[PDB]
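Opening remarks: the structure here includes flavopiridol.
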Amino acid sequence: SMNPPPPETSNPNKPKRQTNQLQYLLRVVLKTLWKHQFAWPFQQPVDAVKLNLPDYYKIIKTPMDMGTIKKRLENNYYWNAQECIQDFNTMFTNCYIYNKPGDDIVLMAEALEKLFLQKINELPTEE
Ligand SMILES: CN1CC[C@H](c2c(O)cc(O)c3c(=O)cc(-c4ccccc4Cl)oc23)[C@H](O)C1
């Protein structure tokens, strides 16, 4: 099987806005997670071909990853901060769905998720 196309990251027909929460999600949340020692599996769409995971996209029907999230932020694709938060949550839950408790890849995701939740708890109030 080939890989699916990646999630959309730009749509010139969508309206765009700047908000302090979206700025924070890029400047603080995405950039901090990106540097984490276990970030690398989550920095781009899961390449099921290269990883030899022929059933990945039979099980995961709503793919998400931090490369896509980053591009969405940088393209002003999100109108609401909640959309971006949902995408991070989709990324983590996809890993937990595909895999099993205690797998190394799951514990990697859990470490990123703990950091994510700390940074989301520090999300600024809307201006
Ligand atoms: C050797 N083994 C390691 C785990 C890997 C694997 C899984 O078993 C299950 C997964 O859900 C993922 C994933 O989401 C991302 C990456 C990944 C992606 C890019 C670079 C490195 C890695 Cl580890 O790998 C995954 C695959 O079985 C090959």
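Chain A is numbered as in the PDB entry; the shown residues are, in order, 42-168. Whatever order the structure lists ligands and atoms in, that order sets their numbers, starting from 1.
Per the PDB entry, the macromolecule in most contact with flavopiridol is Bromodomain-containing protein 4. Counting residues of chain A in contact with flavopiridol, the top UniProt domain is Bromo 1.
For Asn93, no heavy-atom contact with flavopiridol is shorter than 4.0 Å. There is no protein heavy atom less than 4.0 angstrom from atom 4 (C) of flavopiridol.
The deposit credits the origin of chain A to Homo sapiens.
Protein heavy atoms are found inside the 4.0 Å sphere centred on atom 19 (C) of flavopiridol. In the vicinity of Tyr139, heavy-atom distances shorter than 4.0 Å reach the flavopiridol atoms 9 (C), 11 (O). For flavopiridol and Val87, the ligand atoms under 4.0 Å from any heavy atom of the residue are 14 (O).
With a heavy-atom cut-off of 4.0 Å, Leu94 touches flavopiridol through its side chain alone. In terms of polar-atom proximity, defined here as any N/O pair under 3.5 Å, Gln85 makes no such contact with flavopiridol. In this structure, atom 14 (O) of flavopiridol is in close contact with the protein, since a protein heavy atom lies within 4.0 Å of it.
At 4.0 Å, heavy atom to atom, the residues around flavopiridol are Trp81, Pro82, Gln85, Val87, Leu92, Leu94, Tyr97, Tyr139, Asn140, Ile146.
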